[PDB]
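Dolutegravir:Gag-Pol polyprotein complex.
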Amino acid sequence: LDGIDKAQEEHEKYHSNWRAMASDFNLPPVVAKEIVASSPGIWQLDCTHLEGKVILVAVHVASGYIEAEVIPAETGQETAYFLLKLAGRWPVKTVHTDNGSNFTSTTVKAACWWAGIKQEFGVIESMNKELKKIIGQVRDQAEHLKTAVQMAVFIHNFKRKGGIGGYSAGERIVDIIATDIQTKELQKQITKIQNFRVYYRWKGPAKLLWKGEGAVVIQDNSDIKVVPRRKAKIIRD
Amino acid sequence: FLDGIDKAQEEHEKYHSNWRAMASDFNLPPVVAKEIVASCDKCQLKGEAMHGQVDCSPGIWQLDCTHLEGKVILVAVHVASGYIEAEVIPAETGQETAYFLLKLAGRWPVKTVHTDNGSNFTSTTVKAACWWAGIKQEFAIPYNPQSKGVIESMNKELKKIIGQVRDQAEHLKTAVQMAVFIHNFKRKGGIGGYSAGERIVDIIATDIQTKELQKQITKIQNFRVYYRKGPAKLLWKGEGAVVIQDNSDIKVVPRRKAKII
Amino acid sequence: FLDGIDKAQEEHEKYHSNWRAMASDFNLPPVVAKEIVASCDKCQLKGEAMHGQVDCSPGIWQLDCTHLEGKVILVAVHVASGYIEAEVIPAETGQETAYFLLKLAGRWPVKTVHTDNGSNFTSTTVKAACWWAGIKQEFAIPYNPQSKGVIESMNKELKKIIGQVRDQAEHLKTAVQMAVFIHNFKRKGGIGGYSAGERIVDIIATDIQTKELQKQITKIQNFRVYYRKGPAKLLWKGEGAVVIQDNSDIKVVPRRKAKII
Amino acid sequence: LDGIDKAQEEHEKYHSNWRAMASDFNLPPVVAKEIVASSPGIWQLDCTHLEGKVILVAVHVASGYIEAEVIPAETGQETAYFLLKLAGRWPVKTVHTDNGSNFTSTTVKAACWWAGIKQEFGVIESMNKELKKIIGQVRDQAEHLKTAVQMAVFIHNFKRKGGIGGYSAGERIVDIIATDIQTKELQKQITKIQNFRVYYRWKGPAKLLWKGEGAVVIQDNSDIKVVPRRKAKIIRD
Amino acid sequence: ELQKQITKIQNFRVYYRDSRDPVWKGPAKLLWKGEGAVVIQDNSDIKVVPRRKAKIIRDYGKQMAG
Amino acid sequence: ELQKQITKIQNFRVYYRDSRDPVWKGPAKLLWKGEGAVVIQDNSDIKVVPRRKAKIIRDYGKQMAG
Amino acid sequence: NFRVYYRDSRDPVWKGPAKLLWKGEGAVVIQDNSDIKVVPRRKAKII
Amino acid sequence: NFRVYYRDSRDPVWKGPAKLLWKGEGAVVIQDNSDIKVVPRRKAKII
DNA sequence: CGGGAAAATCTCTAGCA
DNA sequence: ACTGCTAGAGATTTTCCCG
DNA sequence: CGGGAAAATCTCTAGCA
DNA sequence: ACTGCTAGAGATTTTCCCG
Ligand SMILES: C[C@@H]1CCO[C@H]2Cn3cc(C(=O)NCc4ccc(F)cc4F)c(=O)c(O)c3C(=O)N12
Ligand SMILES: C[C@@H]1CCO[C@H]2Cn3cc(C(=O)NCc4ccc(F)cc4F)c(=O)c(O)c3C(=O)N12
Ligand SMILES: [Mg+2]
Ligand SMILES: [Mg+2]
Ligand SMILES: [Mg+2]
Ligand SMILES: [Mg+2]
Ligand SMILES: [Zn+2]
Ligand SMILES: [Zn+2]
């Protein structure tokens with residue numbers, strides 16, 4: 001509340017995002033998002049051949065987390081089943097494909113329509129090469145290639161560790177999806193509160209930002225002002 | 001009550017009267033009649049009326065097999081969040097269960113699985129799959145589905161959703177995946193008003209963040225606390241109370257009669 | 001919310017999302033999402049969570065058939081008291097049930113019987129037996145044992161007692177009669193700390209005595225009460241309240257705004 | 001409490017029983033029973049022959065309530081089963097029999113031992129005659145004699161009405177068993193309280209009668225005295 | 001006369017239930033008995049209970065014990 | 001430094017149960033997290049809960065909403 | 001009026017909507033395609 | 001010591017007495033004729 | 001008026017199949 | 001227009017008893 | 001500070017087979 | 001040495017909102 005001027009000064013000086021201001025100056029995320037305002041669903045699909053069997057590989061671009069399994073045939077039904085599974089396990093919004101025969105079939109389009117996925121036609125190649133390397137490493141521990149493929153997926157997702165902080169792909173995708181959930185929560189709160197107009201002390205209508213227990217935060221003429229609940233009225237428009 | 005006790009034991013050998021009847025009919029104190037009943041092996045036919053509580057750690061998954069339209073559906077649930085994972089399998093075979101569990105371990109941080117004593121779950125192939133992925137197998141008490149009530153209720157919910165969306169699909173496996181999708185992302189409720197997927201993401205991210213933060217705090221905050229004893233480790237202080245860990249026994253004591261060094 | 005409602009109905013036709021999910025994902029008020037769910041026939045799959053209560057009048061008896069050691073046991077219970085009457089019968093036949101019910105009517109004041117829709121209980125012989133003895137047949141909702149939960153729990157108790165005392169007898173019928181004796185006279189509890197026999201004797205004697213006493217009181221006490229209306233009949237007066245019966249509708253009104261003539 | 005002298009005077013004048021004093025002067029039954037102190041289990045068993053079949057008839061002597069059924073043969077097993085049923089339905093304490101072959105068999109003796117019944121070897125004959133009359137009346141309404149016998153039992157127990165107050169046999173037996181239950185309740189209460197001794201104001205030991213909420217009723221030297229709870233002590237001996 | 005009969009009527013105790021409550025309530029005092037309804041007095045509160053929901057006894061234990 | 005980390009730790013909410021109580025209790029504030037036990041603060045009362053009986057979340061709804 | 005969805009007899013599939021005729025404590029009488037059914041209120045939902 | 005009467009596995013007949021070895025929340029470990037059994041506390045009585 | 005012990009009350013579950 | 005209940009095993013609360 | 005309405009919470013049941 | 005639960009339908013209680 002009292003830190004709104006400090007947050008505005010910090011934004012003017014360092015151009016910090018609303019996350020930093022909300023974490024530092026103890027502000028609600030809507031106020032910080034207004035001050036600063038004043039990929040998670042991306043997947044790539046590819047088919048890879050190994051020892052005469054087809055491996056369908058899905059990678060989460062923003063994290064490198066992979067989803068692969070051996071399919072009996074390179075058929076639109078099998079890849080539609082794979083994509084429906086992927087949508088059922090992760091929040092898949094759009095998939096990138098290579099204009100193959102199995103990706104432009106009507107079954108896959110119907111699966112995307114039902115699962116709410118948009119179809120759009122370099123990371124995938126490196127991911128396939130790394131998956132092949134791990135499969136070659138762990139082939140001797142599995143009789144079938146399908147078991148070895150799942151071993152390689154497990155190893156790449158939770159055992160191999162690299163990056164800035166040295167996290168695995170599973171931790172990265174979990175963090176990314178958590179951040180996306182936070183972003184969606186904030187967007188829903190903004191949409192819910194944006195339909196209100198506030199009159200304070202009576203002055204002109206002011207966009208509502210926060211409806212705290214002891215105060216009401218509003219915006220007037222590109223300036224954020226805090227008024228008490230007992231000196232302002234909020235109406236829905 | 002020596003005469004009354006003998007006439008009550010003699011009657012109990014014939015009728016097995018409850019403690020109230022013998023207390024009334026032989027002027028016995030309630031404790032004496034209860035002792036008479038409690039010493040009869042033939043009247044011990046009811047267990048205590050309570051329920052246990054399943055493990056709810058973030059690493060526990062409960063697996064079970066259900067049957068629909070003549071097929072076998074292998075279902076796994078994350079206990080802490082309600083996030084489910086189901087797949088139609090050709091048969092209740094240790095190979096299929098081992099493959100499903102390897103997939104599950106490769107997708108999410110599965111630390112331990114709680115299943116019943118079915119043949120597929122007790123196979124050596126599933127044991128080898130768990131050993132390679134570092135999964136600890138917990139087997140329920142035989143013929144006690146209440147030990148896996150979470151996955152049993154999830155079987156019920158999955159079957160209800162499959163019945164809801166069966167017409168939209170032509171095979172059972174497509175409808176099963178559709179029901180998994182609907183349960184994981186299209187049904188909200190629970191602790192945070194979440195869906196299953198949102199709740200599981202929150203659970204795992206919270207585990208990671210809390211682990212890292214607590215590691216940093218314990219690295220920085222290093223003190224010994226004496227109360228009433230030995231040099232107990234300091235865990236949390238404030239609000240007139242101190243939380244300490246002495247000999248791997250965590251206890252909460254007030255700020256009085258405690259000094260932090 | 002016109003745009004949001006359409007995008008939620010379109011999603012519900014695919015996923016059948018619960019009201020919480022559509023309220024969260026489309027900014028709908030809870031009432032709007034609940035209306036969306038309530039208008040979908042495919043999501044009406046759960047009844048309200050309560051239970052009814054069986055008739056407990058002194059004249060109601062609940063009858064049922066149970067099976068033990070390959071034989072058929074016909075059991076009747078007096079609902080108000082828990083007093084039971086059981087007998088091994090050759091088969092679930094309307095003749096045997098009619099005989100058992102005629103015996104029951106000749107032994108106790110049986111006014112009405114509540115049974116399920118088994119073949120023996122729905123036979124014309126049983127109907128003729130009930131008509132001659134003036135017994136009113138009440139048939140439960142089909143495949144709803146909760147309508148006769150009293151006799152079902154009595155079947156459970158009788159089987160437990162038979163298991164307790166099976167060794168003392170050589171035939172099943174002797175053990176059944178022994179279990180009936182034990183339940184009726186050797187097990188105390190309930191409302192008055194009674195046995196079943198003591199409780200049923202108390203119930204019937206109380207019914208007779210209260211009927212006679214109330215008949216005498218109504219013969220002597222004859223008054224009309226005006227309150228707020230018509231000449232309501234006086235039932236009970238005192239302690240600042242008056243109980244009256246106007247047009248076969250019994251209501252309790254305070255002594256104020258009421259005059260007795 | 002205050003009516004103890006009135007109850008003593010009433011007993012001296014009219015020799016009324018404790019029931020009347022307890023119902024009139026508002027006294028606990030123990031006090032009335034002390035002032036006045038200062039069949040329900042009886043059954044008869046007989047075998048009757050009609051149309052070549054054996055009818056086993058049990059009558060409650062104190063009420064005239066009958067229990068009859070047609071048995072396949074005049075055998076100790078059948079009558080033992082009948083008597084075990086009768087004990088299971090009514091509080092049977094002793095049965096009167098006519099020293100027949102089926103009544104002195106070992107099976108019937110074992111049944112009496114298990115059911116706690118004592119065996120002892122004119123009302124039964126009149127009851128049998130009345131049962132035969134009713135069976136002859138209602139035979140035309142039943143194909144089998146066993147159904148007609150049960151019809152006759154029902155009619156005699158609940159339809160035929162006679163006596164002082166014009167009650168049926170079922171009402172009479174219900175009232176009699178209720179009175180016996182009251183008598184047993186009073187006897188148990190007397191036995192429970194008779195093991196106590198009371199010292200009042202300290203005077204000699206006094207037999208305890210009642211332990212009311214606001215007073216204690218005791219007996220000393222064949223005289224009933226009411227003392228407060230706060231001036232007396234009760235001990236168990 | 002009438003007062004004695006009323007006192008005897010009020011000497012009976014009734015166990016009863018409500019429409020949505022499955023546990024039997026304590027021994028209220030009986031004031032009036034009808035064909036389909038009984039009038040009770042439970043802890044200084046007068047209620048009308050359907051006859052099918054009431055168990056009217058006397059309790060000979062209590063009677064012969066104060 | 002340390003105070004920021006403690007504040008972040010206390011920003012998490014815990015849902016928990018007791019040994020004989022089958023209903024999940026409200027979102028208590030997390031104070032300490034261990035391998036097998038967590039320390040919570042529920043309505044001005046500090047309790048120690050086994051790790052198998054606790055669900056520790058954050059609730060992004062709440063976070064991004066005050 | 002009211003819409004009733006119910007689970008009649010040994011059939012796990014829910015049926016409806018039906019016309020509500022009588023609502024008692026514990027059971028309801030309904031009409032579904034000129035057929036009168038009595039269903040316990042546990043196995044029915046009224047809207 | 002303690003006496004335990006239990007209902008082990010799909011057998012409605014109750015068995016006992018057995019020696020109580022471990023008492024946890026929800027289940028108990030018992031010994032009945034040199035046989036170690038784990039029974040839920042719903043299906044057991046300890047004296 | 002104050003603890004302890006005993007009694008009463010409340011809670012909760014399996015089986016009825 | 002019809003309808004879960006019952007009895008026992010623990011846990012918790014009330015009441016009685018002597019101070 | 002006071003009602004109404006809406007939201008949150010509590011209670012309770014079937015199915016898991 | 002291990003362990004009923006879950007989601008929805010009504011009913012009841014809290015809280016918010018304008019006076
Ligand atoms: C062929 C007759 C007529 C038509 O229906 C069948 C089937 N049925 C089933 C049960 C039963 O399910 N008992 C377990 C139970 C479950 C729940 C509950 F609340 C009460 C309970 F007793 C009976 O008791 C019973 O008598 C019958 C029966 O007689 N019949
Ligand atoms: C041969 C495998 C291993 C050995 O035992 C059998 C038998 N069984 C029985 C049920 C069951 O009774 N479900 C209904 C239910 C009843 C009560 C409750 F609390 C939870 C509930 F789910 C299962 O779910 C189940 O998976 C099995 C199973 O798998 N097997
Ligand atoms: Mg299983
Ligand atoms: Mg199962
Ligand atoms: Mg039946
Ligand atoms: Mg039955
Ligand atoms: Zn016994
Ligand atoms: Zn729907």
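Just so we're on the same page: letters track the sequence lines, and every chain starts at 1. Values below: all heavy atoms of this structure, side chains included; hydrogens, waters and symmetry mates excluded. Order of appearance sets the numbers: ligands from 1, and atoms from 1 within every ligand.
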Inset, instruction - Please list the parts of the model that make up dolutegravir. - result: ligands 1 and 2
Legend entry - Contacting chains for dolutegravir (ligand 1), heavy atoms below 4.0 Å: C, I, J
Legend entry - Contacts of dolutegravir (ligand 1) at 4.0 Å, non-hydrogen: C:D64, C:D116, C:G118, C:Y143, C:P145, C:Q146, C:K148, C:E152, I:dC16, I:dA17, J:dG4
Inset, instruction - Do me a favour and list the nearest non-hydrogen protein atom to atom 17 (C) of dolutegravir (ligand 1) with residue, atom name and distance? - result: C:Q146 NE2, 4.0 Å
Legend entry - What the entry calls DNA chain J: DNA (27-MER)
Inset, instruction - Name the UniProt Zn(2+)-binding residues of chain C with a heavy atom closer than 4.0 Å to dolutegravir (ligand 1). - result: none
Inset, instruction - Determine, using UniProt domain annotation, which domain of chain C makes most contacts with dolutegravir (ligand 1). - result: Integrase catalytic
Inset, instruction - Distance to 0.1 Å, residue and atom name: give those for the protein heavy atom nearest to atom 8 (N) of dolutegravir (ligand 1). - result: C:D116 OD2, 4.9 Å
Legend entry - Residue, atom name and distance, where the atom is the protein heavy atom closest to atom 15 (C) of dolutegravir (ligand 1): C:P145 CB, 4.1 Å
Inset, instruction - Looking only at distances, please establish whether an N/O atom of dolutegravir (ligand 1) is found under 3.5 Å from an N/O atom of C:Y143. - result: no
